[PDB]
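Oseltamivir carboxylate bound to Neuraminidase.
Chains are named by letter, beginning with A, in the same order as the sequence lines. Just so it is clear, chain A uses the PDB entry numbers, and the residues here are 82-469, in order. Here the PDB entry sets the residue numbers for chain B, with the shown residues being 82-469 in order. To match the PDB entry, the residue numbers of chain C are left as they are there, and the shown ones run 82-469. Throughout, chain D uses the PDB entry numbering, with the displayed residues spanning 82-469 in order. Per the header: X-ray crystallography, 1.8 Å. Atoms considered below: every heavy atom in the structure, side chains included; atoms not considered: hydrogens, waters and symmetry mates. Atoms within a ligand are numbered from 1 in the order they appear, just like the ligands themselves.
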There are 4 protein chains.
Amino acid sequence: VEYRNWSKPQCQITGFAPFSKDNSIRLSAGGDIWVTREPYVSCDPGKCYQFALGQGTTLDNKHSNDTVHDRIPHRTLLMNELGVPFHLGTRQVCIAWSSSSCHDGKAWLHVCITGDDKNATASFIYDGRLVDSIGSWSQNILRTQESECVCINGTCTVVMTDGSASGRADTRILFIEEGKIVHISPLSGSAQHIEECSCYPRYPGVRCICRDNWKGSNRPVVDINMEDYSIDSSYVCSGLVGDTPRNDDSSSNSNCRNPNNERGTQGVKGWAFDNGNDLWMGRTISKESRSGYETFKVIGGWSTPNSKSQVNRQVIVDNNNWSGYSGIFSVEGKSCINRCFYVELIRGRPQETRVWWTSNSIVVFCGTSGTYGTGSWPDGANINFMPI
Amino acid sequence: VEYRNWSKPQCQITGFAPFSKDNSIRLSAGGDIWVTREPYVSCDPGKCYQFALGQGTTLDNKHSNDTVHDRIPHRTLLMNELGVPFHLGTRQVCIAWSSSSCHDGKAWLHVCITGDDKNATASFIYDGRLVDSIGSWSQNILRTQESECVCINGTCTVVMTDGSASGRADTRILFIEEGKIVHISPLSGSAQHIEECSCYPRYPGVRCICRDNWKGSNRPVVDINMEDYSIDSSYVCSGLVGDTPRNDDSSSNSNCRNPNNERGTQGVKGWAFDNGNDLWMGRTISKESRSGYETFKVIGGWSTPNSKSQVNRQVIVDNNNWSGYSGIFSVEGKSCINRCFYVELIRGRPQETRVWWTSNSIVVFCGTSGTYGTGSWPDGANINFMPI
Amino acid sequence: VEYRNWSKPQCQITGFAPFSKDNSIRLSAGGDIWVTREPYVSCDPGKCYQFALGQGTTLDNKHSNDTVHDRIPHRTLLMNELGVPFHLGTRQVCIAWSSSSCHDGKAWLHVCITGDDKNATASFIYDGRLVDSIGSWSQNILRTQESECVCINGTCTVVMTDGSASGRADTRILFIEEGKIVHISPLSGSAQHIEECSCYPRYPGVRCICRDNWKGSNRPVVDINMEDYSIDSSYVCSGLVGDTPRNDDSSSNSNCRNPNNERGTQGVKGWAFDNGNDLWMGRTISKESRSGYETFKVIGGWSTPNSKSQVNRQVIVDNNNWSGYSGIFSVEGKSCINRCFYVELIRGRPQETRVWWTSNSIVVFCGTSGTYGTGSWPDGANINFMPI
Amino acid sequence: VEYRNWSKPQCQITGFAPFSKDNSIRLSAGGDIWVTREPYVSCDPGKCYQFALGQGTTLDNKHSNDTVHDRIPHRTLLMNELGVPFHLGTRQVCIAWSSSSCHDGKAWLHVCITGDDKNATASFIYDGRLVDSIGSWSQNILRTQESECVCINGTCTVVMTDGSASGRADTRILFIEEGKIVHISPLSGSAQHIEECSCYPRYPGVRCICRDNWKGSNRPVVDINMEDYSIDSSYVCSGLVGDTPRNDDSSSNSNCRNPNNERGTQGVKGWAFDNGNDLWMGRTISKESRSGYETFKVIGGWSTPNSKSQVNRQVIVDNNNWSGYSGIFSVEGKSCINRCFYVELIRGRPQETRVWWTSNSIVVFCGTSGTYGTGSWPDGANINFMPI
Ligand SMILES: *[C@@H]1O[C@H](CO)[C@@H](O[C@@H]2O[C@H](CO)[C@@H](O[C@@H]3O[C@H](CO)[C@@H](O)[C@H](O[C@H]4O[C@H](CO)[C@@H](O)[C@H](O)[C@@H]4O)[C@@H]3O)[C@H](O)[C@H]2NC(C)=O)[C@H](O)[C@H]1NC(C)=O
Ligand SMILES: *[C@@H]1O[C@H](CO)[C@@H](O[C@@H]2O[C@H](CO)[C@@H](O[C@@H]3O[C@H](CO)[C@@H](O)[C@H](O[C@H]4O[C@H](CO)[C@@H](O)[C@H](O)[C@@H]4O)[C@@H]3O)[C@H](O)[C@H]2NC(C)=O)[C@H](O)[C@H]1NC(C)=O
Ligand SMILES: *[C@@H]1O[C@H](CO)[C@@H](O[C@@H]2O[C@H](CO)[C@@H](O[C@@H]3O[C@H](CO)[C@@H](O)[C@H](O[C@H]4O[C@H](CO)[C@@H](O)[C@H](O)[C@@H]4O)[C@@H]3O)[C@H](O)[C@H]2NC(C)=O)[C@H](O)[C@H]1NC(C)=O
Ligand SMILES: *[C@@H]1O[C@H](CO)[C@@H](O[C@@H]2O[C@H](CO)[C@@H](O[C@@H]3O[C@H](CO)[C@@H](O)[C@H](O[C@H]4O[C@H](CO)[C@@H](O)[C@H](O)[C@@H]4O)[C@@H]3O)[C@H](O)[C@H]2NC(C)=O)[C@H](O)[C@H]1NC(C)=O
Ligand SMILES: CCC(CC)O[C@@H]1C=C(C(=O)O)C[C@H](N)[C@H]1NC(C)=O
Ligand SMILES: CCC(CC)O[C@@H]1C=C(C(=O)O)C[C@H](N)[C@H]1NC(C)=O
Ligand SMILES: CCC(CC)O[C@@H]1C=C(C(=O)O)C[C@H](N)[C@H]1NC(C)=O
Ligand SMILES: CCC(CC)O[C@@H]1C=C(C(=O)O)C[C@H](N)[C@H]1NC(C)=O
Ligand SMILES: *[C@@H]1O[C@H](CO)[C@@H](O)[C@H](O)[C@H]1NC(C)=O
Ligand SMILES: *[C@@H]1O[C@H](CO)[C@@H](O)[C@H](O)[C@H]1NC(C)=O
Ligand SMILES: *[C@@H]1O[C@H](CO)[C@@H](O)[C@H](O)[C@H]1NC(C)=O
Ligand SMILES: *[C@@H]1O[C@H](CO)[C@@H](O)[C@H](O)[C@H]1NC(C)=O
Ligand SMILES: [Ca+2]
Ligand SMILES: [Ca+2]
Ligand SMILES: [Ca+2]
Ligand SMILES: [Ca+2]
């Protein structure tokens, strides 16, 4: 087995085609299924896996009550083959209320964060053993991507933040070889707040589109040089911005450099990627709520400040249905690297108060150079049929 | 691993022997089991798998209600080893309300269709990744085989239809290499309506026996030339016709070339295969309903128009029990290629209205050159014992 | 991978040590577990598997009602790793109300019998495909070992019977190469009735200890010559006889040649094996009921007619607990072939009428050259705690 | 594959980082999960497994009642990948109410003890087959480690005791090659009572830290010479003693040689390991009950009698939560051998009498050379939510 280099061109895509759906919540009404949130997808060279953070309980279980909370000691990272729902034979890979995972061509790295808010621990598990750990550097919820990390030539990189969720924080980029931290670079450039990065290989480097939780409804960009560990950062140029909340399309702005100060506080994990001067991106359909999900290409979305000409829109989840986090993953093809994404479909509290739990299912799409139609692939559970 | 060529003679069979049964519905009354329909079987070079289209729910689950409907966004293709019932650890391979799968000797291809009736998307997934997609060409339920596709020397073929279910439609034959569509041929020949083809390798080509939903109770044939991509089509010669509905045996006809215009509208997926001038075929025992299942050889059934002399009949499911779809799969032996088939055993609505769901189990038989006796292997669930 | 020859001496044993227990019935009271009977064990070169005939239902399921019956179309052969209870992810290997399985060093052979009592079909499945089948030869419940067959140098042998259960029947010994029947030898010698053989390799041949259901409470022996397909048969010499029912030890007899005509009608599947002039054997503790289970060595039990000197007795299941069928399996060690056995622990009807089902768990012991103590390892379920 | 030698230096650790948690009890309230106790962890060269002794029943099951008892014939050793909770697909590896398991680099050895208190049997199962057995030598609960054994160059060693739990007993150290007992050494040295050893490779030998159930709240040490089979024993020097019960830190003593006669009777399985003159150890936080769990380094804890200066304390489970047994396992890294440990988190009787069962979950930590924070990772089940 050889290390991945991702040294192929990006697949030229026309949009996205359906790839996977797990129907977790519908199944939870007639089966023992894990309560989860913060899902993601990552693939080894042969096949894909779905990950999520468990809440230490199944849904039809009194312990599902009040699982809206983000951090308890019982949260563990779950890992199954993509499309295998989180049933009771699911492996809990590590203890984690925040995580990232990636395969370097030889083995899986898992970055697992747990413990006290003011003094958390990140464990680095590689090829089935604990190789390293780091403690909190700002004593304020050490946290990471909630999606796949990226490895080139046996060096994996992951973005982590510690500090305020509503003000300047301390973001660092780790470089990890076979589970061992070999270098840590501080964030540099013009991005002013970084959360929950969605990163992808862009050989010879790695590029991340993240969440600004402080002053931006435009999404920050972090560029990671894998050769010298140098970091740059900025914001997605597109005037059609990717965060939630955000302004209406007619009054939203980005200048590529600064947070836009437009409903900037709070946010949601999301993704985008560049193709030359253009941008492919997803976002919730609602400007204020985690409802619906759409993708489109923005002409000049990568290179032209405040560009708003979109094309090739697809509805993934219609706006009468709940969405959630979304993130990118990359899949090596015969001659190119494809970009895929997942959407977290959050059900229960706080939006749906008939039930006392909070959980999610997922839907997953992959880039295509072919053609496609239309649809909507929401969670699909009837809240009135659920155990409360 | 090398590509399959299927370049062995067809096994000379005397009939069929019992191979597998999953007891899905019986188990669903005391366990968490997927609601399914449109099952099939396909084998890699070592072992066989059962497939079906899930309805995004287990049976003992309020979401099972009104699963008689064919197309919802929560339908996914399920895949287990043959004989492993669809329990909660079952992998959902893709999103699909119509599908076909096949192994080319190196990896699995899945053809998965989902989305809006008037604008569906077919995804092509090979070796664990999305390689291609195509959109609806006639804006009227793009759809495919619901049984295995067939690959020779790395090229897989699958038959797809888009358009009216009760009139002239637009049928196309796709040729796919490692998940990439390399050629598309329109239907040609004398078949006037094609649905749900049951295809098999007949080196150097592929032969399909399908469903005419418009004017024929005789089954159409599609012949696929894998060298030059040319297509031919006709109808099975046998005067003992394979569709349901159909006329009784004394008043049924086929001329090998045209739909017979005998209770032609509607149909059921089924199969047959040639052996020289003769034909092995299955059909429902009832001429009007999806009840019972029988196989037999028709002497001159392939070559002689309106041939009605049968021999080697076997009852698979007696006529007091529900059947459903059936399809062929092929299994490479040491010196010959064997033909096998599955029968979908549909329980629930519309035939059984005590319950609100519709689901199925399967029974599976394989060609034998040996001897055998008699029996009947129906679904076996007591409708009165089931969750409603 | 090479064919097994079993060409090592038999391990010299001092008795038997505990090996496995599945606790099936206890688990069935809080879990979805298959209803079964007629279990057995067989091992490939690396590890062991438990087999049993399912009843097409779980225990906590209304379909478990009246599963005392031996033959229904829904019975399938289940196969798990030894000690994995028959949960809903269990693979149903074939359709069978009577079976035998064995691994030839390269792949699994399964012999699966199903269909009508007067016209059954035996399917021969090898390396995941149906290779052969045979129909009933006496039109009266074609049936086989309910324990492992035995293969030497790629030829597997299995004993089958068709005809009366209470009078002269037609017993045949099949020789099978990669699933294909290559020879069938009729029973020969002095054994007058043969059921449910427990066979083991005794290089260069195979030896079986079976059940006489007609005139003998002494167990018949069948010796199979794998070189020329010739058959011999006789009865176990031991005056301590192995069948149930049987006479008291003080009035039981065997002359090694004929059925003893001592409570000869009916019986139970069991086993024994030779070591020089001596015999290792198991039997129920009760003379009339399938209750308890004991093993011991009979001095001169193989060579001396009517020998009754036993030594090295062990209680496996005390006589306040239900037993059932038992059978031998053989396991290749570094320098010798070991003999192991399983005991079926039948619960429910007809003996326990609080519940309407009949099922079983298993316990498994292996020969040892070491030392051991005492115990009792019954099913362990409280009938009053069970779903009815 | 080659035999393990463990011939690398011990990793130099700063403390421990979170590795795994199974949430067994929380899940048992909404799923079918085994009742267990006496868990441990052991890894083959690629991955780690969790083990425990089942009670022949799931928790939500009337058979869970009165599972506080230590020895019934239905107890079996369960084995899953680490983090896969004990669901119904879990393999029962052998029959055992006391056990030890270890991988020698080529295959797994399991030591499984069951049967009558006064005449137990230990079975030795290697590479999937029973290779040896030994009977009770003192007729008083033959018993072993309840954690991993240790193998060097194909010879595995395990510590076993037979005799009084409250007085002089008969402890022996076994040496096992491919499942065959090749030598047995009696305990020698100054340890006066040995139970439940937690052993680890310390090339060229094996070192064990155990439980004195008679006169010591200081933990005994057993040193095993793998070259000549000689045995030495003593007590851990640390004045901060590891057993429960024990005196408070201001009045506890150890002289490295004798049991301290300080609340010596009874105990709990635990662990410690040397690093030069210092000692890493865990213990319950409570000095009288199995409540809480803490680790720390004792400066001079290995070499200096009655040393009480600690550093690098970590809370693993706070003292408001139940703990239980704990044990060490070792994991080979690239350049060093790491030490890890598990903590059994006992729920139910006798401490929690709302329910009638006794079961456990686990939490697992591994040595780290990096940094870490703080937390508490208790079982987490609400006793009021549980089936009784
Ligand atoms: C069948 O499916 C195909 C493929 O999905 C679909 O074609 C697509 O239609 C959409 C909508 O017209 C196209 O995307 C648009 O492109 C134009 C630029 O040409 C943009 O102006 C659009 O943006 C706006 O309008 C949106 C609502 O449609 C607003 O949400 C947005 O804020 C802008 O105002 C949009 O991006 C897309 O390019 C095609 N795709 C292709 C490959 O042609 C077709 O319409 C479907 N037909 C039916 C009957 O369902
Ligand atoms: C034990 O099992 C064997 C194998 O299954 C069985 O032998 C089979 O019997 C059937 C029925 O007789 C044979 O099939 C028939 O063949 C004749 C030609 O010889 C056909 O005319 C028959 O067709 C019609 O009759 C059917 C009703 O049986 C109608 O459904 C149909 O519309 C026609 O009118 C039919 O195909 C078959 O060939 C044999 N198979 C072999 C290998 O011999 C045997 O009968 C069973 N034993 C007992 C006692 O029943
Ligand atoms: C601890 O365990 C050991 C090993 O299991 C056990 O030793 C065994 O005891 C039995 C019973 O005494 C021995 O088997 C007997 O052997 C004599 C010949 O020496 C036979 O006569 C016995 O047969 C009869 O008695 C039986 C009842 O015991 C009747 O059922 C039977 O019909 C005959 O009348 C019987 O076969 C066995 O040989 C030893 N095994 C060894 C290896 O020594 C020991 O007794 C146990 N001790 C305790 C206190 O539990
Ligand atoms: C964030 O997490 C870090 C790492 O866990 C943590 O640092 C650790 O703090 C503990 C507690 O101070 C240190 O352990 C102590 O070391 C001193 C020697 O310097 C010992 O005297 C202590 O022993 C006693 O005190 C204990 C109570 O704390 C008693 O239980 C005990 O009986 C003794 O009386 C104890 O071992 C540990 O060394 C550091 N670890 C490192 C690597 O620095 C830090 O405190 C956390 N941050 C915050 C704000 O709490
Ligand atoms: C801790 C601040 C962080 C980014 C604002 O909040 C996240 C937001 C979440 C959210 O907005 O839904 C849920 C995440 N599980 C949470 N992360 C953690 C580690 O608790
Ligand atoms: C759309 C026409 C097509 C063939 C007549 O209908 C099928 C018939 C079915 C049927 O006759 O039972 C069920 C199939 N699930 C359905 N296929 C789709 C894709 O919905
Ligand atoms: C059919 C006669 C045969 C031997 C007497 O009866 C067996 C006895 C049984 C028994 O005595 O318990 C159960 C077996 N499942 C049955 N075998 C079959 C094939 O039905
Ligand atoms: C028999 C003495 C022994 C060590 C003191 O008791 C153990 C203590 C236990 C305990 O203190 O919790 C539980 C163990 N399951 C038990 N071991 C056996 C084999 O029954
Ligand atoms: C969930 O917990 C809350 C707070 O204790 C309680 O009011 C509510 O009844 C619980 N819900 C259920 C369904 O038990
Ligand atoms: C299924 O849905 C129908 C329509 O809403 C309803 O009348 C019926 O009661 C439902 N069935 C069950 C079992 O709840
Ligand atoms: C089992 O079936 C019998 C016969 O119909 C019936 O009398 C009995 O009530 C059934 N048992 C249960 C538990 O439903
Ligand atoms: C457990 O057993 C005891 C003793 O028989 C009994 O009193 C108690 O009710 C049982 N518990 C349950 C939950 O049935
Ligand atoms: Ca924001
Ligand atoms: Ca028709
Ligand atoms: Ca008899
Ligand atoms: Ca003590």
Provide the full list of ligands or chains belonging to oseltamivir carboxylate.
ligands 5, 6, 7 and 8
Note the other chains with a heavy atom under 4.0 Å from oseltamivir carboxylate (ligand 5), by letter.
A
Answer yes or no: does an N/O atom from A:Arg118 fall short of 3.5 Å to an N/O atom of oseltamivir carboxylate (ligand 5)?
yes
If the cut-off is 4.0 Å to any non-hydrogen atom of A:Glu276, which atoms of oseltamivir carboxylate (ligand 5) fall inside it?
4 (C), 5 (C)
So between A:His150, A:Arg152, A:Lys350, whose heavy atom ends up nearest atom 18 (C) of oseltamivir carboxylate (ligand 5)?
A:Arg152
Determine whether any heavy atom of A:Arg371 lies closer than 4.0 Å to an atom of oseltamivir carboxylate (ligand 5).
yes
For A:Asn294, is at least one N or O under 3.5 Å away from an N or O on oseltamivir carboxylate (ligand 5)?
no
Establish whether atom 6 (O) of oseltamivir carboxylate (ligand 5) and some protein heavy atom are separated by less than 4.0 angstrom.
no
Atom 14 (C) of oseltamivir carboxylate (ligand 5) [closest protein heavy-atom partner, distance rounded to 0.1 Å]
A:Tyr406 OH, 3.4 Å
Would you mind listing which atoms of oseltamivir carboxylate (ligand 5) come within a distance below 4.0 Å of any non-hydrogen atom of A:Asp151?
13 (C), 14 (C), 15 (N), 16 (C), 20 (O)
Any idea which protein heavy atom is nearest atom 2 (C) of oseltamivir carboxylate (ligand 5), and the distance to it?
A:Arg224 NE, 3.7 Å
What does the PDB entry report as the organism for chain A?
Influenza A virus
Can you check which of A:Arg292, A:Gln347, A:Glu277, A:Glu119 brings a heavy atom nearest to atom 17 (N) of oseltamivir carboxylate (ligand 5)?
A:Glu277
Which residues, given by chain and number, make up the 4.0 Å heavy-atom shell around oseltamivir carboxylate (ligand 5)?
A:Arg118, A:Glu119, A:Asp151, A:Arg152, A:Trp178, A:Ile222, A:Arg224, A:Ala246, A:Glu276, A:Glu277, A:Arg292, A:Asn294, A:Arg371, A:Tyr406
